[PDB]
2 protein chains.
Amino acid sequence: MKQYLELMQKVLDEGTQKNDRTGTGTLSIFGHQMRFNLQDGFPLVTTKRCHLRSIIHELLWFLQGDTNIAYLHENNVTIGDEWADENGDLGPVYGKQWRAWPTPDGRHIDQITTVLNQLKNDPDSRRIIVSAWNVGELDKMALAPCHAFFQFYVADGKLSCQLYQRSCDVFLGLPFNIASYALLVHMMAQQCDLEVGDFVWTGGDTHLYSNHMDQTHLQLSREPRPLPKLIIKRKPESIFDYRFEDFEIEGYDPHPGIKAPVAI
Amino acid sequence: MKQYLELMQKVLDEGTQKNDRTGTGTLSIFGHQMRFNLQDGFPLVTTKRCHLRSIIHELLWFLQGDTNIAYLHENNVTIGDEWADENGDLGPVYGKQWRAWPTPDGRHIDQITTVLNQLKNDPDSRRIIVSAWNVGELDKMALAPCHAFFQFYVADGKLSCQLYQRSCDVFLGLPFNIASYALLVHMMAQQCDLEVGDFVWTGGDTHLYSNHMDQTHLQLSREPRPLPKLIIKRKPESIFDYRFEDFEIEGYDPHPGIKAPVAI
Ligand SMILES: C#CCN(Cc1ccc2[nH]c(N)nc(=O)c2c1)c1ccc(C(=O)N[C@@H](CCC(=O)O)C(=O)O)cc1
Ligand SMILES: C#CCN(Cc1ccc2[nH]c(N)nc(=O)c2c1)c1ccc(C(=O)N[C@@H](CCC(=O)O)C(=O)O)cc1
Ligand SMILES: *c1cc(=O)[nH]c(=O)n1[C@H]1C[C@H](O)[C@@H](COP(=O)(O)O)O1
Ligand SMILES: *c1cc(=O)[nH]c(=O)n1[C@H]1C[C@H](O)[C@@H](COP(=O)(O)O)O1
């Protein structure tokens, strides 16, 4: 899509060569923002085929507070394979912090439920937030949260959300992330009887990997196509009852997919 | 400042009537981002008389992990009197989380010192972050962190930082917050022998209080003037050893000041 392609070109134009953890090398810019009016279509990149299926499973995996790739493998999702340990454990990452942030005094904060309640009984709150950046458990996670801080907002019956992604692999990761939260907004919006608003994406270290250049140029040479439409065949009792079969994608006519090696 | 006046003007045209935890009412938008290249000058609003004293004391206060308004009240800084308790306590706010974020297992993380080391030994890191949004303590705090999460970044010998402010009172707080972080950047920079880069400001609920409309139109009629230059007269041996008398501002020729009420 346009915002995405423009972000690619932006990095290409004013990015700086920078070494990195993986040792792969990147071209990066710091700080960026784009918006997607969910009412214009589900934001699923078209300049290359994307498997919305793997995205759904990763999200449902979070909403259950699970952090062992076992469930993912149960559905053929290999996105955690290069970092999980022998027991398929990544650590107290996304899921654990989302449903059960451990307080030093014994409590466990279920943030998703907190936000839900706020959206229903206090949509005006400016503190409707979910954070995966729990400093106290960083060292235990197999990898630091990329999408680490998001906020919800409601106005004129529309639900919006902005994500803060401290680190972002524009070519391989961004498309997953955008679709992820966009998806979460629909679900929340459905449970809270609200319409979908905008999904504001904000980034920190927005980079393009040295070995993703050729593919980026290939995608950037393709013309974006109409955005598809998210279809939820059923309204579950809670935001914790969605299953992969409840989601449907219509009108998605993406360009051929493009493979690229991930930096471990 | 141009960017600030553009944001202020945007809230007017596109803003939406909302209601806040303070029966004051507001006109807000959700999600915005501005960029301040510190190389062009210290970002201290000029279309309104301001001063660093309070901002300086607060930051030094934060850097010490202090959360009691004694230091502030001492030098006559009232910014936090309307919310502290009979003992001057605000609870575990900003400074507490910055210098001693409590893990779930009896330990405390000094995020500042951590970042200090990350910039000196691992500048390419995409995990140099500081958060005050400790979910397990949000209910022990007198007030929820507005400037709740920020990140650092290095490139070509220049330190840059981005702040995620989930709640922002455009007329009153923004000018304070902006110059506050800018200052921290210059401080971190000196402490690491780096030069200052960009201060990226990102906001969630960006509102304009309904009882600030008059002073907003007044400020909008003024022409921004050249930004001033910051001078740190001494180089402490620690980012925690700075003294109020270390800061100077040269070339600040602002328009008259504008008084406004604080939504409690
Ligand atoms: C984001 C996210 C979730 N994750 C988590 C995750 C973990 C580490 C990461 N590390 C790096 N350097 N890039 C990422 O974006 C990244 C993302 C993913 C991880 C890998 C792939 C991946 O390589 N997909 C390939 C191959 C697809 C396939 O197997 O069919 C692709 O071409 O998309 C996708 C998602
Ligand atoms: C941010 C921050 C710290 N704080 C914290 C703080 C707490 C609650 C808030 N509440 C609201 N509605 N907006 C804010 O910006 C805000 C700021 C401050 C609190 C008050 C003032 C204040 O009343 N300033 C006046 C007078 C300043 C002067 O003496 O020149 C002003 O109009 O500037 C400034 C900062
Ligand atoms: C992390 C996973 C995700 O949800 N999205 C991504 O974009 N990323 C990328 C960022 C970076 O290239 C890598 C994480 O590495 P690091 O922790 O920033 O060193 O995956
Ligand atoms: C909080 C303090 C700060 O450092 N900067 C500010 O702009 N804010 C403002 C935001 C909001 O108008 C008010 C706090 O409101 P709430 O806690 O989000 O309801 O202070």
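Chain IDs: alphabetical, in sequence-line order. Residues 1-264, in that order, are what chain A shows, numbered as in the PDB entry. Chain B is numbered as in the PDB entry; the shown residues are, in order, 1-264. Computed from heavy atoms alone, side chains included, the values below leave out hydrogens, waters and symmetry copies. Counting starts at 1 for both ligands and their atoms, following the listed order. If you're wondering, the header gives X-ray crystallography, 2.6 Å.
- The drug observed at ligand 2 carries the PDB name CB3717.
- Ranked by contacts, the top partner of CB3717 (ligand 2) (the one with most) is named in UniProt as Thymidylate synthase.
- Counting only heavy atoms under 4.0 Å, the other chains near CB3717 (ligand 2) are B.
- Not close to CB3717 (ligand 2): B:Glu82, with no non-hydrogen atom less than 4.0 angstrom away.
- For CB3717 (ligand 2), the polar-atom distance check against B:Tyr209 finds a nitrogen or oxygen pair separated by under 3.5 Å.
- Residues of chain B that UniProt gives as binding dUMP and that have a heavy atom less than 4.0 Å from CB3717 (ligand 2): B:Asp169, B:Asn177, B:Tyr209.
- With a heavy-atom cut-off of 4.0 Å, B:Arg49 does not touch CB3717 (ligand 2) at all.
- Note that atom 27 (C) of CB3717 (ligand 2) has no protein non-hydrogen atoms nearby, at separations under 4.0 angstrom.
- Lab note: nearest UniProt active-site residue of chain B to CB3717 (ligand 2), heavy atoms, 1 Å precision, B:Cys146, 6 Å.
- At the top of the distance list for atom 4 (N) of CB3717 (ligand 2), counting protein heavy atoms only, stands B:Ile79 CB, 3.4 Å.
- Protein heavy atoms are absent from the space less than 4.0 angstrom from atom 16 (C) of CB3717 (ligand 2).
- In terms of protein heavy-atom proximity, atom 8 (C) of CB3717 (ligand 2) is closest to B:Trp83 CH2, 3.7 Å.
- Distances between N or O atoms of B:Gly173 and those of CB3717 (ligand 2) include at least one value under 3.5 Å.
- Heavy-atom contacts of CB3717 (ligand 2) within 4.0 Å involve B:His51, B:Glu58, B:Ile79, B:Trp83, B:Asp169, B:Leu172, B:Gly173, B:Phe176, B:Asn177, B:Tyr209, B:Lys259, B:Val262, B:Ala263.
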